[PDB]
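Throughout, numbering of the chain's residues begins at 1 and tracks the sequence. Remember, it's 1-based here, ligands and their atoms both numbered in the order they're listed. As a basis for the values below, the full set of heavy atoms in this structure was taken, side chains included, without hydrogen atoms, waters or symmetry mates.
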Amino acid sequence: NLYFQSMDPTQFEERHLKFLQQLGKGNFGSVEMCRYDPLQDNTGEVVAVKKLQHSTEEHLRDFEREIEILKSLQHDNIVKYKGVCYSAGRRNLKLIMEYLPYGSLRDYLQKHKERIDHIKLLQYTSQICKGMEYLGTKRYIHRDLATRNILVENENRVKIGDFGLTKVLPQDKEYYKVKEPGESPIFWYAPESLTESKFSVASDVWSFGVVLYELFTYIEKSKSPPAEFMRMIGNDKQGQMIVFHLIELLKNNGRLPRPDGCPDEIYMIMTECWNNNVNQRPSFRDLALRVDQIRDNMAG
Ligand SMILES: CCS(=O)(=O)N1CCN(c2ccc(Nc3ncc(C(N)=O)c(NC4CC4)n3)cc2)CC1
């Protein structure tokens, strides 16, 4: 009470934060591109600015947690925290982060196939695993790993973003049981997350297997995880029946198919990530090493 938590409300002052562009919607919120131009000279750093879409009390609390999580992370493959802007005369909050010009990896794979080959896909895979290794050291569970939530700086660098669903493991447990769920990205979820609301490093590994699938499908029409799972389940199914059939399919070894042109060895990594036995899934350290060895074992 006596002394409020340390904040730097003069680091990004609203009057100097200039709108450049609307970018998109990250889990609970909206993101814009702005320029921070304190020397009112039409220059300054270009930044991404996340704001809430519905500024309820509960959402503001969740947003504070997301901000504290991101501020605690510093890694080449994690989107950079820059600060907070307390706008509306210090009666609102916005998160200031670095801006990555190529947007989401999901969009980049679709818009920039001219510059993507398997080498690049494996580089992105490696980078994602290394970011995730780093999150694990902090006991953070991302809970929404998907190509839509990975951002592209340039042809040789991607970074994990969207920490809006991230949870911190309890001190004494290796899983977090989410007792509030929102809308869930079910087609990226591990079976124990679907059936028990349990999230862990190992369920992030499951979702990483889906990301690896996404990369090798090159975000092709009809090959997305939702499209393929719905084809397997029955495209006419609606509502909870979808979830019931997804659970049953996964529990009895139904899996996304090997993408066209995907090496068997990469599909094997996917299928090892998609182990119903939580403890048998590889670690992110295992995966980064394996992917880098595959890359390094190529000629040259
Ligand atoms: C060509 C198809 S397009 O015309 O439809 N199109 C594609 C490119 N694009 C775009 C989106 C984001 C970014 N950069 C970015 N940087 C950092 C963050 C961050 N720190 O969260 C972020 N978050 C947002 C992802 C929520 N977004 C750059 C470009 C929107 C318009």
Ligand 1 drug: cerdulatinib
Per the PDB entry, what macromolecule holds cerdulatinib with the most contacts in this model? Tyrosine-protein kinase JAK2
Hi! What's sitting within 4.0 Å of cerdulatinib if we only look at heavy atoms? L23, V31, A48, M97, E98, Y99, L100, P101, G103, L151
Those atoms of cerdulatinib less than 4.0 Å from some heavy atom in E98: 17 (C), 20 (N)
Subset of cerdulatinib atoms that lie under 4.0 Å from at least one heavy atom of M97: 19 (C), 20 (N), 21 (O)
Which atoms from cerdulatinib have a heavy atom of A48 less than 4.0 Å away? 17 (C), 18 (C), 19 (C), 20 (N)
By number and element, which atoms of cerdulatinib are closer than 4.0 Å to a non-hydrogen atom of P101? 28 (C), 29 (C)
